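Here's Metallo-beta-lactamase type 2 with L-captopril bound to it.
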Amino acid sequence: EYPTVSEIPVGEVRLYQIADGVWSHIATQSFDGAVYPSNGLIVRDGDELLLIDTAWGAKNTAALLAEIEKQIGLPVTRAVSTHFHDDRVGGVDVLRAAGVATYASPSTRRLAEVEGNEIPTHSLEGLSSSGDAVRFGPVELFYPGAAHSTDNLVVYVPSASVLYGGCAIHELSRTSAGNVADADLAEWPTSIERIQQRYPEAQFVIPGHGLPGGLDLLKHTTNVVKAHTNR
Ligand SMILES: C[C@H](CS)C(=O)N1CCC[C@H]1C(=O)O
Ligand SMILES: [Mg+2]
Ligand SMILES: [Zn+2]
Ligand SMILES: [Zn+2]
């Protein structure tokens, strides 16, 4: 059921309903001779929508907004970027031009600025220390500690038991640790443990790339990170 990278041409975006009021959005890009998918989240926030992450680039994010308009028809009023990479903030300017209030932690904003990436407008306080959690409407934002990046946030939708791990959590078919250029390999397993400890009731786990699964994705991620660490 879940759209794979072979089913979405670069430039198009698919929506996938995970639970009532919760969708992932799936987009693709070519990189270094392969095509990769990328997921974000959409969470119904009363009569508005909360967007988690861009669709990885301006063109995809424009397509995302058009697809949300077509398929859901509620306004995207806020967006949270869960780390500073282009699959999370690339397209912030498109969101901003569309009247979406864009948010990220100060750690993400600082790192995005260093990288020369797009910078969400608003700063999310209360997430600077590993284990910090803040409510953001229909989701909880959780900073589990450094993992895939030092700023990576995870997002939990308590009404749907959906845990969005972002790029700190790998899909089952991923055997490498992904892009580790900005990762904290030493802390990544401990950060995963914090996610497991805070959301042991999670029923759906959404990685930043690839197929959703369950909490098994967390142990899988730990195994993959350990294997990469021991290369
Ligand atoms: C843009 C994302 C951010 S997690 C990324 O690093 N990717 C996605 C494609 C592969 C890998 C890379 O560029 O090395
Ligand atoms: Mg595994
Ligand atoms: Zn990343
Ligand atoms: Zn990513």
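Heads up: numbering here begins at 1 and tracks the sequence. Just follow the structure's listing: the first ligand is 1, and inside any ligand the first atom is 1. Just so it is clear, the values below take in all heavy atoms, side chains as well, and ignore hydrogens, waters and symmetry mates.
L-captopril, all copies counted: located at ligand 1. Residue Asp87 places a heavy atom under 4.0 Å from L-captopril. The proximity of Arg88 to L-captopril, defined as any non-hydrogen pair under 4.0 Å, does not occur for either the backbone or the side chain.
Considering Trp56, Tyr36, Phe31 only, the shortest heavy-atom separation from atom 14 (O) of L-captopril involves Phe31.
Against a heavy-atom cut-off of under 4.0 Å, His85 is close to the following atoms of L-captopril: 3 (C), 4 (S). Within the structure, each other ligand or ion under 4.0 Å from L-captopril is listed here: ligand 3 (zinc ion), ligand 4 (zinc ion). Near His148, meaning under 4.0 Å from any of its heavy atoms, are these atoms of L-captopril: 4 (S).
When only non-hydrogen protein atoms are considered, atom 11 (C) of L-captopril lies nearest to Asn179 CB, 3.9 Å. Defined by non-hydrogen atoms within 4.0 Å, the binding site of L-captopril is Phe31, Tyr36, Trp56, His83, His85, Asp87, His148, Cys167, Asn179, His209.
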L-captopril: protein N/O within less than 3.5 Å of ligand N/O:
residue: L-captopril; atom: 6 (O); partner: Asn179; partner atom: ND2; Å: 2.7

